[PDB]
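Bound state: Solute carrier family 22 member 1 + spironolactone.
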Amino acid sequence: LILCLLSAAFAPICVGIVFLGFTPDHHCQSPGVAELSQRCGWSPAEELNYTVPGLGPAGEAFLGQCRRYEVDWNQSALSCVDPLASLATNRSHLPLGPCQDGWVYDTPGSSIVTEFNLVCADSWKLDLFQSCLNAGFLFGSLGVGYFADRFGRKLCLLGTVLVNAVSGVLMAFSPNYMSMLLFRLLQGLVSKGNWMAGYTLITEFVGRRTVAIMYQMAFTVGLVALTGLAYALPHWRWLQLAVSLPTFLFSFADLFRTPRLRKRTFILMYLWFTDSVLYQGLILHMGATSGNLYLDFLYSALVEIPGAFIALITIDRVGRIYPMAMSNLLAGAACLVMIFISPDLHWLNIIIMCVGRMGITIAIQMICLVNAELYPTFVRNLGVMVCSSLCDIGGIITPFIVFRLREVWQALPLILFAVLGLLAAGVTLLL
Ligand SMILES: CC(=O)S[C@@H]1CC2=CC(=O)CC[C@]2(C)[C@H]2CC[C@@]3(C)[C@@H](CC[C@@]34CCC(=O)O4)[C@H]12
């Protein structure tokens, strides 16, 4: 089943930013600190205490993660217990320039942020890393549909798979960030078409629910394997190469005219947008907040595992519309409750994250079926395409809010996610 391997390889494409683009605890690389360490060999914690500016009173880490001290280190370094105290009575009196000579990242491995220096003023480029993938996804969803009839349904599939694998492998060897983003764009252009084509072949050729749920199980197995490889392979180059190698070695007005289809299209577009935003934002919040990233990701994948089974059980008996509202409300409520969790608690945090991700899983399981079943035979493809288009729009928007509102308030992305989740739960009762 090479299609299961394709699904597994798709998982680190849409989600692997968590393990490739992780942000270590960095600070300005100040020359002369090595000389002071040679003069007296303090611990690295003492190095950060005596060199890096302290965190802000309101938990602002910007003053230490992106600023240095102008006090000379080569000279006037007689004091070692507290060199900054001798220079000035108050730490704030000393000049605080920018990271002129780079950064020092406190991880043994390597990351896209560590490699291309996507920190401080460039911290939005890590957002651009995922936004380019999702803009890819969108433009590729248009282009592959346009080009399928040009070269057939098999030559085009083979070409797109080859371009995906080659783009990933060349991504592992990207010299600068511009080539990185270009390969992300190409991979996004081809990869969504690859996944959708694989799903279509695994559904139609067999002659339905079982192969589909096995396909999402393949995706979750790919997520688990991504966690394992990220644990085994720290450097992002190694992880990207070892993820790309498997798959390499093997009308528009017909949905809006009548009020009946217009309202249903609006609801489905909003549901796709909201749940895509919730899923990607929850994953990114995990990446940017949890200090147990590997185990938290493994637990969330292992909770995605029974979410599909729960959805399959519910759709047989409960229905489709009713469990969608419950799952969306569960995700929104989990996001809302995580705001009030104290930083000391971690077990409750991961439990609530698992509940929210299970809710998102079940919600997406009913979204696929309801999207399929709410359109006529001729307009079903157009409806699915436009709904996935809004899904990709939400995917574009998600990084630029998840990683940018945290700079203003770490609980603001969670507030927005809760509002979106409860609004979607209320909305999906109108179908
Ligand atoms: C980031 C996302 O939005 S989800 C992720 C990406 C995606 C977008 C598409 O529309 C095309 C296909 C995919 C790959 C989804 C496939 C189905 C996935 C695996 C979903 C994650 C949750 C779900 C439903 C429940 C389950 O068992 O897995 C996949």
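Chain A residue numbers are taken from the PDB entry; in order, the displayed residues are 23-229, 233-275, 333-513. We count ligands from 1, going down the list as the structure has it; atoms in each ligand are counted the same way. When reading the values below, keep in mind they use all heavy atoms of this one structure, side chains included, and skip hydrogens, waters and symmetry mates. Per the header of the entry, the method used was electron microscopy, 3.0 Å.
Counting UniProt's transmembrane segments of chain A from the N terminus, heavy atoms under 4.0 Å from spironolactone lie in segments numbered 1, 4, 5, 7, 8, 10.
Within 4.0 Å of spironolactone on heavy-atom distance sit the residues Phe32, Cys36, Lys214, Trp217, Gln241, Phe244, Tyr361, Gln362, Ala390, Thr443, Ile446, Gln447.
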